[PDB]
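Sequence lines map to chains A, B, C, ... one by one, in the order shown. Chain A is numbered as in the PDB entry; shown residues: 47-1029, in order. Residue numbering in chain B adheres to the PDB entry, whereby the residues present occupy positions 13-303 in order. Hydrogens, waters and symmetry mates are skipped; everything else that's a heavy atom, side chains included, is used. In each ligand, atom 1 is the first atom listed, and ligand 1 is the first ligand listed.
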Amino acid sequence: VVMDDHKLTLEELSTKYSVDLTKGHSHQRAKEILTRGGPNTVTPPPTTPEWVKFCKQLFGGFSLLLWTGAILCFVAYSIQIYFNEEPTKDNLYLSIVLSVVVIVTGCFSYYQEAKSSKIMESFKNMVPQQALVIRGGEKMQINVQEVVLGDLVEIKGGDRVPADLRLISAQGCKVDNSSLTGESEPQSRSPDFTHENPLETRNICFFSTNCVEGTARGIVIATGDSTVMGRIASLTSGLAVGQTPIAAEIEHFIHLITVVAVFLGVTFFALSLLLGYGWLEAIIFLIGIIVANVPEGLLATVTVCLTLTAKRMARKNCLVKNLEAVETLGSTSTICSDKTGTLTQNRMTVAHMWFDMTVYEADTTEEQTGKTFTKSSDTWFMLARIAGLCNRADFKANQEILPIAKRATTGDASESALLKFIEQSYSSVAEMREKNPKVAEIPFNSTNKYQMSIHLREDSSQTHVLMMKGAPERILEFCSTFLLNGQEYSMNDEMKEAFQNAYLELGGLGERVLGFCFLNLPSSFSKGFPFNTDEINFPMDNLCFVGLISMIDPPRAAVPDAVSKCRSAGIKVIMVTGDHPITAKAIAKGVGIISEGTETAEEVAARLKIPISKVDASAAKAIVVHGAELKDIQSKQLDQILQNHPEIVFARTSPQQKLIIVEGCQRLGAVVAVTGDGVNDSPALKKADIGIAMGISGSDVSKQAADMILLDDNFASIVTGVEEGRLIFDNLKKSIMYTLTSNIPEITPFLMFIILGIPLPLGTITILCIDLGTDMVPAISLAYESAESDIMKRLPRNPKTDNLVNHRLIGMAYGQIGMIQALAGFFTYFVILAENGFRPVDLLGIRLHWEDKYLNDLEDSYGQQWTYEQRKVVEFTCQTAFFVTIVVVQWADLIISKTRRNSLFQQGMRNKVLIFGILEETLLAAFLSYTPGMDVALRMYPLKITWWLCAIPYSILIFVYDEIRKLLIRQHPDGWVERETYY
Amino acid sequence: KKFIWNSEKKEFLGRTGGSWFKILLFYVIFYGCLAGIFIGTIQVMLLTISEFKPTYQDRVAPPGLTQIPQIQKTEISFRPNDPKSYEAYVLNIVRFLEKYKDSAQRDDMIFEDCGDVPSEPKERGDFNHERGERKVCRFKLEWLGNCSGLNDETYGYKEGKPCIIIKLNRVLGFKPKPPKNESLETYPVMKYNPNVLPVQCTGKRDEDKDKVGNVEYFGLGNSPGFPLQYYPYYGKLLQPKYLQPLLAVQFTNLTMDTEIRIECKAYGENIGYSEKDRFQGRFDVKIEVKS
Ligand SMILES: C[C@@H]1CC[C@@]2(OC1)O[C@H]1C[C@H]3[C@@H]4CC=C5C[C@@H](OCCC(CO[C@H]6O[C@H](CO)[C@@H](O[C@H]7O[C@H](CO)[C@@H](O)[C@H](O)[C@H]7O)[C@H](O)[C@H]6O)CO[C@H]6O[C@H](CO)[C@@H](O[C@H]7O[C@H](CO)[C@@H](O)[C@H](O)[C@H]7O)[C@H](O)[C@H]6O)CC[C@]5(C)[C@H]4CC[C@]3(C)[C@H]1[C@@H]2C
Ligand SMILES: CCCCCCCC/C=C\CCCCCCCC(=O)OC[C@H](COP(=O)(O)OCC[N+](C)(C)C)OC(=O)CCCCCCC/C=C\CCCCCCCC
Ligand SMILES: C[C@@H]1O[C@@H](O[C@H]2C[C@@H](O)[C@]3(CO)[C@H]4[C@H](O)C[C@]5(C)[C@@H](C6=CC(=O)OC6)CC[C@]5(O)[C@@H]4CC[C@]3(O)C2)[C@H](O)[C@H](O)[C@H]1O
Ligand SMILES: CC(C)CCC[C@@H](C)[C@H]1CC[C@H]2[C@@H]3CC=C4C[C@@H](O)CC[C@]4(C)[C@H]3CC[C@]12C
Ligand SMILES: [Mg+2]
Ligand code: NA
């Protein structure tokens, strides 16, 4: 409720809330308002119970396909039970197996996401927050939830602001609004109307901000959900979740598979009716054919591949809260990033120095992994001693594991920055201050604009040295001599304008400049001279100037390289911040969002001296958009802005406007990633296709809204995420191709049983042993394939056109490789039946006699007479050999699925998981064939040596065919072979 | 997404006529090559298959034991008073026994007389075409006695004394070995002929053993079983018109209106049995003569 309370007079404020601004609310009025208007708490986002999350895992695209398959199998089994005589339990087995696969995969995914949620909950901590309210005429330490509208609240330094406040009294109050507004530097607070916008006026304090220094008193104008943070929370809660890009790809794949399965089933249903089977048998055939196309083992494969990528990312302190988020960065075309706390450290840091007529550039990185400056002159030693001794700041308790930049201190941001800079450049400041004990303090204040101090000199002079720091134009009037190379010269005409040429230069960058001086007091004061601040017992003139130090909020060390890599990957990087346009533009230039040499229209106009309309729209590749302009921008104008400029900076933007920008980018067909840390990024983080929040600097609401957390606030993890997402997309393509290839040798035996009336070449048990057995580890091992080229040199995939599964993959798996695999199994089937006495021509149309349980003298090609059990054992041996042949030809399929463009001799065989998978599937096939008792448990029988060798020529054929195909693809880019087969 | 049947671009289902022609031509050539490769591999394999002897016989040996009539569920249920209750049985028997008539075994270049008493197996050469087709021992219908069908054309079904014809499944080169020194089982069996593979039909349960009446065996010689001069069998290529020896079993004193479970078993050193295959070396038959 900050609509008008800032522009209200001190009398109307008292009348509006029926309170007097010296005594506060009556001790009963507060209780009445508490019980009539509710507590001072923002309502948390709704909490979903565990079983609902588990059931959400149990359903979904692939899971629903497997559920449909299980239901169809159960219906088929019911029909067989009701109408047929002695039906087998194949369909019951299939129903149970499909249900169990769905349930186990759901359990696995739920467990992974619950682990991530537990880590997030452990990170979130609660400490009882209490406020200070002037109730009953005295100070009370009430709980934060009991603060009511109109309450009189006093805030001191280091105190969180309890609610939205309209300040009436203040004494040097400064608050940190970086999380709410995006302003890094603390903002001064005064009890007067300054700006029309409530977020800019200096007489309003907002809930969820920290008071940094001073003290103030104010009236509560908004409570709970009516606060600025609460409205942002409601806006975030009112947003839909949205579908991840990988989920859409899985949905498209399910559509394709359903179409293929239904077409095959209906065509063979019609064929069965034409061949004279019967409606019931035709329905059974239709259900079986439709179910046989369902790849029940591919669901677990996809889940495991996503989990492996998630664990790989977690190894690098990158937490994903769901498995589908592990791919989104690979598909990202646009990154919308906040500046303060996200691209920037959100910490005042020394940036430049000016001494010895020279400008030195400090190392602003957190780990000090940059360029040093010249530290040989003793003027640098004097400057370091001054800046470290006249500081009044100190590290806090324990931060010795942490780097100096990341440590916590006790004092002003400027004092902390000076302390850290001196600590990481000159020497330890604690030892310096021990060697130079203080005598007189003379604290800093605004009116004086300087901080004097007196210390015992380290050089063993037994005397004292006065050290002064403050505003450059303030301390210059006191110093009549400067220091050039440790030589105490005097004031020249040159050394009174180079001071104004460097101050105007370091102050022109938006940085906060400071001056330093010393005097080296005469020996008449000895050691224990009474130094009285209230009088002039010590000289305060003709100081010796040393140098200037400037400070600014710097970018994070990894940010510029990450931005450069993302732009090399074809990703558009947009800066969206709530800070001032000058700071935003400076940071955008510093991190590469605005490239070197690119100009804005307002700069081309000032260079060519032409009106902004006369500016050509070909040299203004960069634009800076103020948030005030966005209030009068329509969808069409926003689309024009987003399309016509490669480099865009949005400054002074509200959370609602960040959401609008993200929605506009998504409306143009882009997959959008948002990186932010403050509460002003939460709606954009939730609306984004992938939301990434900083683990350390981020707020709880933004970390709840985000899909991914950078636990160490490392921006280099985004490039790794893009690379991993692209690689996971490619490897999913390979794994899906490998899994879909084996479908053809699994359904063609049943098709030929129906059409030709031959004994069934492959059984349900062997088919299950392929899908959930020998094919699982090889399919998983394709997730460990390395990139065949530089994936970061590709453009982002077009989601409309570039699909995970398309018609090329179907044609390769079903039409070409699956057919060769199917012919390999039929060859072994025929060789076994011919070696046992049934020539291939004699097996055509034998189904009715072969399946007759009471025909026990069936005649073979030689005139031998067979019992039903004997020929069934022969058929089961043929099915076992068909299964083994499928295993053998899947060796070649796995070898050729390693690459989509490269030859095997180019990529090599460095995937150890693939080799292990080959060995494991071979050993599993051998185990099921030769283990005693496997003829009773399963219908699997031992094989002859030569029956293993029947699939070698077909495997070699598969390998040679794929090698030639990929050679042609490589030789003829964009040619017919590539357009038809390169999936 | 759902409107691709026709388009301004002359695109049928997404592709033009030229694209459709190219993709269909590619698949036609690819499947023709696959079919050629498959046919070639099949022919190369068949080159290694002998035309006179199967490569393996461990799945067909030991042979099974079957019976005529070919019944539906090992059940024989008929009423002697109703001639239509056993017409199917009698028709099945006469259809099976047509090739055993004397008039069908007249060619002296195909058939021969191999004695009226059981004899040792006859070695007719090696499994090849060295001497063309092998000769076939004759089997007379008169050996089947009252189940021969030469006097009673109903095989005892009209009288209520049904006949079953027992046969041993043909296996190439298989020579049955009768049990050694009468050391298999005990019954009023003339199991002293070393040239007969003994066969016996008994009641399945102890209840059945008391309700089966007299069992009559009709065959070559006085020993119930298969004479050994009809073995080995050389296959349908070398020995077409081959006749396997037959044993006729007639149940003359069956209890009426009750279902009788009967087990017929063959005995030999190379004759085996199984709990999974109920027809290997033996079979079960259920017979109910209704009053
Ligand atoms: C960590 C990972 C996770 C994943 C995973 O790995 C580990 O998890 C693993 C967990 C696994 C499952 C675990 C548990 C089972 C249940 C099991 O249950 C079968 C039990 C068998 C029953 O046992 C007896 O059955 C008879 C009992 O009388 C015995 O009969 C003889 O002896 C009798 C006297 O004793 C005489 O009276 C008889 O006359 C004479 O015959 C017989 O010898 C003996 O075997 C099933 O047998 C039948 O097998 C076929 C079933 O359809 C039938 O064929 C039919 O369909 C064919 C086409 O399919 C057509 O070609 C055929 O024409 C048409 O008939 C076949 O007929 C029939 O026998 C079937 C397999 C399954 C689902 C597993 C699959 C694989 C996994 C998913 C693994 C998976 C890889
Ligand atoms: C058994 C021995 C080991 C296995 C060896 C297999 C070798 C081949 C295997 C894979 C390679 C891919 C399939 C073969 C492609 C050969 C044709 C070819 O390379 O295309 C080059 C030409 C022209 O060049 P372009 O299209 O780049 O440029 C022109 C652009 N314009 C046409 C698109 C608009 O394109 C055209 O004529 C396209 C029109 C012709 C389409 C039908 C071609 C049928 C030929 C072969 C099919 C498979 C036979 C072998 C089957 C083995 C059984 C396993
Ligand atoms: C004409 C018909 O043929 C036989 O029956 C057929 C239908 C049905 O009975 C079954 C047993 O359920 C079917 C079933 O339908 C579909 C399958 C489970 C299917 C799938 C595999 C997979 O992975 O997903 C789906 C492929 C075939 C299948 O494996 C079995 C194979 C054995 C068979 O027996 C075959 C009998 O002889 C019957 O008596 C006669 O009427
Ligand atoms: C071309 C090559 C690589 C195919 C694989 C060859 C080997 C590994 C395969 C082919 C034949 C198989 C053997 C067949 C016979 C037997 C005897 C049996 O009592 C134990 C398993 C054992 C010893 C198998 C071991 C594994 C073996 C599976
Ligand atoms: Mg921020
Ligand atoms: Na999101």
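The molecule at ligand 3, chosen from golcadomide, gilteritinib, ouabain, is ouabain.
What binds ouabain most in this entry is, by the naming of UniProt, Sodium/potassium-transporting ATPase subunit alpha-4. Lab note - other chains with heavy atoms under 4.0 Å from ouabain: A. In this structure, residues within 4.0 Å of ouabain (heavy atoms) are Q126(A), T134(A), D136(A), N137(A), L140(A), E327(A), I330(A), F331(A), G334(A), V337(A), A338(A), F796(A), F799(A), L806(A), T810(A), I813(A), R893(A). Heavy-atom contacts of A338(A) reach the following atoms of ouabain: 24 (O), 25 (C) (cutoff under 4.0 Å). Of all protein heavy atoms, the one closest to atom 35 (C) of ouabain is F796(A) CE1, 3.9 Å. For atom 41 (O) of ouabain, the closest non-hydrogen atom of the protein is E327(A) OE2, 2.7 Å. Of the protein's heavy atoms, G334(A) CA, 3.9 Å lies nearest to atom 16 (C) of ouabain. Remark: minimum distance from atom 29 (O) of ouabain to any protein heavy atom is reached at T810(A) OG1, 2.7 Å. Protein heavy atoms all stay at least 4.0 Å away from atom 13 (C) of ouabain. Residue contacts with ouabain: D136(A) is placed with no nitrogen or oxygen under 3.5 Å of a nitrogen or oxygen of the ligand (distance criterion only).
Looking only at heavy atoms of the protein, atom 15 (O) of ouabain is closest to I330(A) CG2, 3.4 Å. Taking UniProt's transmembrane segments of chain A in order from the N terminus, the ones with heavy atoms closer than 4.0 Å to ouabain are 2, 4, 5, 6. Applying the 4.0 Å criterion to heavy atoms of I813(A) picks out, from ouabain, the atoms 21 (C), 23 (O). Atom 5 (O) of ouabain is never approached by the protein to below 4.0 angstrom, counting heavy atoms only.
Distances below 4.0 Å separate heavy atoms of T134(A) from the following atoms of ouabain: 11 (C), 12 (O). For atom 36 (C) of ouabain, the closest non-hydrogen atom on the protein side is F799(A) CZ, 4.9 Å. Close approach of ouabain to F331(A) (heavy-atom distance below 4.0 Å) involves ligand atoms 1 (C). Closer than 4.0 Å to atom 33 (C) of ouabain lies none of the heavy atoms of the protein. Residue, atom and distance of the protein heavy atom nearest to atom 31 (C) of ouabain are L806(A) CD2, 3.7 Å. Listed by atom number, the atoms of ouabain under 4.0 Å from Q126(A) heavy atoms are 8 (C), 9 (O), 12 (O). Atom 38 (C) of ouabain is never approached by the protein to below 4.0 angstrom, counting heavy atoms only. Of all the atoms in ouabain, the ones that sit under 4.0 Å from a non-hydrogen atom of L140(A) are 18 (C), 22 (C), 24 (O), 25 (C).
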